[PDB]
Student: 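Sending over a structure with calcitriol; questions below.
Chain A uses the PDB entry numbers throughout; the residues present, in order, are 120-164, 216-374, 378-423. One-based numbering, in listed order, for ligands and for the atoms of each. We use all heavy atoms of the structure for the numbers below, so side chains are in, but hydrogens, waters and symmetry mates are not.
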Amino acid sequence: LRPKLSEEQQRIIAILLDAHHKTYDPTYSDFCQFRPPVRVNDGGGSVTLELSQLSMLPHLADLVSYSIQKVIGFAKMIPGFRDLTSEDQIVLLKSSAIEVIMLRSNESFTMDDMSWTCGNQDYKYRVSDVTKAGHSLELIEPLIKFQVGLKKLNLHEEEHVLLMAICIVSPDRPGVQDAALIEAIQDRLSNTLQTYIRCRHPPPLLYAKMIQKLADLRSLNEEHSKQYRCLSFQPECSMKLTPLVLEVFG
Ligand SMILES: C=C1/C(=C\C=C2/CCC[C@]3(C)[C@@H]([C@H](C)CCCC(C)(C)O)CC[C@@H]23)C[C@@H](O)C[C@@H]1O
């Protein structure tokens, strides 16, 4: 059976599309306001050199900080999110922040050359740029594989926004108080996504493949946390980050 989308489900999708359009600028016009990207010579991928310079960290920290602000705005518009206690809201935002950033970045990712292209060459991010920010291949390679796999699903924008919303409103995040309420909110979003796929997604499993990407994100979250810890050990590193980044990942 392929039941039609209820009026409420249609409304939820409309609200989420609007939220995304207001919080994700496809022209990347604000990027010139971030601290400039600096790319030192490191063809050898020297960990020692990368840590001593962290040349790309200020720019990426600013990009991520900016993105967390946009994610906060997006989350506030998810139907039901405001009904949660502020304590639960913050817990969900802090624990999903890096995951939603990885998801939303798929919009700028291109399989032409496996990079995140955000306008001019100055804002094109490749694997080598991430290593210049202090991260290792243990995170980057799996990150790229994730991007390609998500790209191949060819999600409708409707599916893309629902997935980011479901990622944020997850009842199994450590620290949540009212798991039952959170689960109710997520179920409403999940049922909307499942109904949309059966009804609006033409042939040629997609729902299952999407749920699996959420599990993949948990692993990337874990690895990023481990690497952020190592990064924080570097003297003078805090100055290369931002107060928001320090709080969310610290
Ligand atoms: C941000 C956005 C973009 C790209 C995401 C990328 C490319 C560069 C490296 C990033 C920022 C990854 C880094 C592993 C995260 C490092 C962060 C830190 C230095 C604090 O540990 C995660 C997602 C990656 C651009 C645009 O799509 C908006 C989006 O919102």
Student: I'd love to know the main binding partner of calcitriol in this entry - how is it named in UniProt?
Tutor: Vitamin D3 receptor
Student: Which residues form the binding site of calcitriol (heavy atoms under 4.0 Å)?
Tutor: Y143, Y147, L227, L230, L233, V234, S237, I271, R274, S275, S278, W286, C288, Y295, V300, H305, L309, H397, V418
Student: Return a yes/no value: protein heavy atom under 4.0 Å from atom 10 (C) of calcitriol?
Tutor: no
Student: Considering only non-hydrogen protein atoms, determine which one is nearest to atom 4 (C) of calcitriol and report residue, atom name and distance to 0.1 Å.
Tutor: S275 CB, 3.5 Å
Student: Identify the organism of origin of chain A according to the PDB entry.
Tutor: Homo sapiens
Student: What is the nearest protein non-hydrogen atom to atom 12 (C) of calcitriol, stated with its residue, atom name and distance?
Tutor: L313 CD1, 4.1 Å
Student: Within calcitriol, which atoms have a heavy atom of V234 less than 4.0 Å away?
Tutor: 11 (C), 17 (C)
Student: Quick test: of every protein heavy atom, which one is nearest to atom 14 (C) of calcitriol, and how far off is it to 0.1 Å?
Tutor: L309 CD2, 3.8 Å
Student: Numbering the atoms of calcitriol from 1, which are under 4.0 Å from a heavy atom of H397?
Tutor: 17 (C), 18 (C), 21 (O)
Student: N/O of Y401 under 3.5 Å from N/O of calcitriol, yes or no?
Tutor: no
Student: What protein heavy atom sits nearest atom 1 (C) of calcitriol, and how far away is it?
Tutor: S237 OG, 3.3 Å
Student: Considering only protein heavy atoms, which is closest to atom 16 (C) of calcitriol, and at what distance to one decimal place?
Tutor: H305 NE2, 3.7 Å
Student: Which UniProt domain in chain A is home to the majority of contacts with calcitriol?
Tutor: NR LBD
Student: When you measure from atom 13 (C) of calcitriol to every protein heavy atom, which one gives the shortest distance, and what is it?
Tutor: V300 CG1, 4.6 Å
Student: Quick check on contacts: which atoms of calcitriol are under 4.0 angstrom from a heavy atom of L233?
Tutor: 1 (C), 3 (C)
Student: Help me out: UniProt calcitriol-binding residues in chain A, which have a heavy atom under 4.0 Å from calcitriol?
Tutor: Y143, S237, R274, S278, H305, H397
Student: Report the nearest protein non-hydrogen atom to atom 19 (C) of calcitriol: residue, atom name, distance rounded to 0.1 Å.
Tutor: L227 CD1, 3.5 Å
Student: For calcitriol, is there an N or O atom under 3.5 Å from any N or O atom of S278?
Tutor: yes
Student: Among protein heavy atoms, which lies nearest atom 23 (C) of calcitriol, and at what distance?
Tutor: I271 CG2, 3.9 Å
Student: Going by the order shown, which atoms of calcitriol are within less than 4.0 Å of some heavy atom of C288?
Tutor: 25 (C)
Student: Calcitriol and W286, any nitrogen or oxygen pair closer than 3.5 angstrom?
Tutor: no
Student: Should you measure from each heavy atom of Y143, which atoms of calcitriol turn up under 4.0 Å away?
Tutor: 26 (C), 27 (O), 28 (C)
